[PDB]
Number of protein chains: 2
Amino acid sequence: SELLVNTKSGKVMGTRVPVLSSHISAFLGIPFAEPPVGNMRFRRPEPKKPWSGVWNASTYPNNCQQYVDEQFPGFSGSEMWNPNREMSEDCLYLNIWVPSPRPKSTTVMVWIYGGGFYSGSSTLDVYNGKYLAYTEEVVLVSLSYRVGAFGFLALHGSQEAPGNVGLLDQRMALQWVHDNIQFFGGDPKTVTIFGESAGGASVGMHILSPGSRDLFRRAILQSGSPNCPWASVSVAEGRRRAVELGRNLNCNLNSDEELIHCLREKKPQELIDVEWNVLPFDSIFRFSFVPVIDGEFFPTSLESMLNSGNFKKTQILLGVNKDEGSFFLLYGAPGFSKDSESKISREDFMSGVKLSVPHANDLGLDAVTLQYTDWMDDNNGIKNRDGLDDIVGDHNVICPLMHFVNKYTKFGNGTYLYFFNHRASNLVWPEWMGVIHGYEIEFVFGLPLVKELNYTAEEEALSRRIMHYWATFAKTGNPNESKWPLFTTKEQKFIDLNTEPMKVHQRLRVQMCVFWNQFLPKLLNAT
Amino acid sequence: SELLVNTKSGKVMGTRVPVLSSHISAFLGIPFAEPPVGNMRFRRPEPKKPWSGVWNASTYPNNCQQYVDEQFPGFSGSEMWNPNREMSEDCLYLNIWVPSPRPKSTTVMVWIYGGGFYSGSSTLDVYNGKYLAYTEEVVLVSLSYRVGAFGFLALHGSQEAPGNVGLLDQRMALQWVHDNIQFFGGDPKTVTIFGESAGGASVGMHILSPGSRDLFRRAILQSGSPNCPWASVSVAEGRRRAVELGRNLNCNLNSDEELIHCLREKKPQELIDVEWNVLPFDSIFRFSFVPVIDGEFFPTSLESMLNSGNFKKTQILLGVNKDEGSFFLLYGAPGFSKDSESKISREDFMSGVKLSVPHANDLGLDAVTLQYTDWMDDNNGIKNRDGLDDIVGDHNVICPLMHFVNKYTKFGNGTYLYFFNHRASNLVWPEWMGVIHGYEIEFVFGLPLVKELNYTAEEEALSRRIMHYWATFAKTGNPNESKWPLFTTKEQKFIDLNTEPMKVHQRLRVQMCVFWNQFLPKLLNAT
Ligand SMILES: C[N+](C)(C)CCCCCCCCCC[N+](C)(C)C
Ligand SMILES: C[N+](C)(C)CCCCCCCCCC[N+](C)(C)C
């Protein structure tokens, strides 16, 4: 009946969820792989054997085991993104929000959430799919994927904990969407995978892996590229980090199989607890367990792939927002504090840049400084603050994205790039942080439609323009039905996406992105 | 009588020269050393044995042998600075312009002319001392010094052609000024040596050499520092260049004494002719025979001296003008032409920067480009033009000067720094060149007082403000009798010197001078 569909796995009973002045049918919690518990820890996802009877998809699923942030307890700003259902190793499920009436076959959008590859959840409130589904008539599915040690440990030649198992969890959720979205009214021939931060970086990874390209149509990447420094380690480094974690649990490190066993016997939180004492340096915006470029999955280095066009060739929509840096600076660079108007000193500035470009040599730090300091007022505390805010942002999201944009527009079927720079009116974070990495999401998912949560009317509107551009891109292959230009390697146009009449501009962070994407590398290459 | 003074060398008969509505006494051509002809070529200056009878100092002296510029014949812009009396190896003389009435004892200013150490003359019309002497009542002496191969050849251990003989010619003219200016009304206890380009760079050299410090009071350096890349070679390089020149004359290069002999037998123009085929690279703003840092004269590297305060400690007045680069670019960088509005291409730009930073490695050129290009419009022909104009200027005069300013203000008795940026109204050079290296001189020497040569009234005035600041500094030790701040290593003030109400500003070319004076060196040091 409307809330009871039959899929190749079995029947599933969903629910009606109100949305604005109406309803939608929601199927929360459909399983798609087997609970990777115990022995299966660190193994690739197995597909979920089909069921009898009707499965009750009316409750969001457990969240995955992950790091919970207690830096600013109760503060909604932090809590927003913390997991909200009990964490469980068993956590591989989907959530689908369909219209009522169930459409015949409509556009589908799959949201891969981000969170540095160490956290994240489907069930967050800011990832509530009902508003988008409802307003644009699309089906929306959110997926879960294993994050962290559990999702990205990577003892290379050991089939017991090869890398990227969490990446495959994404791919398996994509396949089930393919094979069964049809019974939900969706059109498998037009599914768009979207995602922010590590989700937007996972999205591009699937555009590059041979095996995933076929499972989706087009993609939308938000503040992420597969090539962002923090999203990938070499094989070696992944080994390196798993003996190091091996040591923080006092595991047997002889027989590699024993490493795997030892960890497979520790309880989840132990691993969560020592999860960060394994990184190799003092660094801000750098995470411990991430995708390894293993050869399988990613045939070869992403630079080669990018360089040769070896990747899916659809059109994409991607963008960056004004203050990417802030969050990391706040939570990790000395001098910054929520509550202060964090004017940095030149002392803490030079401390700051080291945390930001952790791999740079001294000469390299010199180059960075020279680029980001205002010599004409070399200690203006606030300028020092904002300058680090750009050093982290540029180096960690804007520049790697403009790289991917630039390489992929030579072989893809169209690129739409946005620059978001609106500060929501009801943000709880301090003004200095600006347009934080993460705050565009709430607009994309329609929370400014809910009156109860106090946004301003122009934000309601900005949220509608966005959701439209998004859904309209998700089918048409293009975002406008004024015209948002295509990005092109000549006069590289993009638009600002805010509450004022969109304006096309050209060459995003060009001067700085030359430094980061070309200069620095060549300098660190020499010496 | 007024035109016939008696000096420790003998008597000298000068002349009355009109100046404005009056006269002055002029003593042109007094000898101060022995004509360094033939056998004495390349030897140190001998002092001039005294004479009997009265010497007739009423005619300017011969000019020194040197390179004459025929790039734009007849064009006054070029011709201005070309030698105007027959060139002669015999060319060591002074010119003194005294008031009428002869003062008892007044301030003295000695003008050491510049010209890249390969050219220059006392007798130029733009170096006519009468207007300054007249208006400010100072005695003004101009000196000649041997330039070029003849002045700076440098077969290190050979007393027959040790280096810097031309530098010593300056010093000997300083001594005679010391010992005899008194009979001309000047006060030996208050002589200021001033000079532009290589003169302003020679001036600072004397502030550093042990032996010259005592011969003058204070100094004024215009577009020059002793430490400008082009003003000094190592001992080695000076050797290197003299065998190379040895070869262009097909000299015997075995016995070093034979090298010296061979050259001592070639006629002057042969040496002038091959004078440039000895430099070691393709470069703009770099000259062949220059001061060697030989240990004697300059005890040690100038960086040490600067670094330790080992130098005379008076107050100085120095400055730079807006478009230093232009002249060299015009005469030596591809794309530029008098007559064109020289918009450069990115092709000729990258050719340009190589000529400008001839010692840089590729990475280094990369660094320069990154700093001087507008990535947001990376091929705007005019921006490429002006950007090279700053690369040459900064690297060759502004930055080395701000270095010397900064080091010397920690131990000197006061520093007054100006930035000249007025375009004379009657300049003959094309507008693109702007405030050319060299054009402030005409203001300092009072040519805007002469109506016949068409300047505008505000320029007349600017010329008077200047001549005053200059003479007033030459006695007082300070330029103003509104107040032009002292330069200080904190809020490094300077003023613009132009036809509008002078404004103090701070930190001249600070962002760029960090790159050149600190960044680059460290990068070229690593690799
Ligand atoms: C990306 N979204 C917007 C979805 C969530 C980001 C939440 C704050 C991000 C910075 C904190 C990094 C913390 C790492 N530790 C706690 C280990 C310092
Ligand atoms: C400095 N002052 C203003 C006094 C005279 C400079 C005259 C033009 C300077 C640039 C030409 C360099 C030429 C070198 N060669 C001819 C060898 C290319």
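A, B, C, ... go to the sequence lines in the order they are written. Numbering of chain A is taken from the PDB entry, so the residues present carry the numbers 4-484, 490-535, in order. Quick note: numbers on chain B are straight from the PDB entry, i.e. 4-484, 490-535, in order. Start at 1 and go down the list; that is how both ligands and their atoms are numbered. Going by what the header records, the deposited coordinates were determined by X-ray crystallography, 2.8 Å. Scope of the values below: all heavy atoms of this structure, side chains included, with no hydrogens, waters or symmetry mates.
Located at ligand 2, the drug is listed as decamethonium.
The chain with the most heavy-atom contacts to decamethonium (ligand 2) in this structure is named in the PDB entry as acetylcholinesterase. Other chains, heavy atom under 4.0 Å from decamethonium (ligand 2): B. Looking at the UniProt active-site residues in chain B, the one nearest to decamethonium (ligand 2) by heavy-atom distance, rounded to 1 Å, is B:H440, 3 Å. The site surrounding decamethonium (ligand 2), defined by heavy atoms under 4.0 Å, contains B:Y70, B:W84, B:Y121, B:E199, B:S200, B:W279, B:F330, B:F331, B:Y334, B:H440, B:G441.
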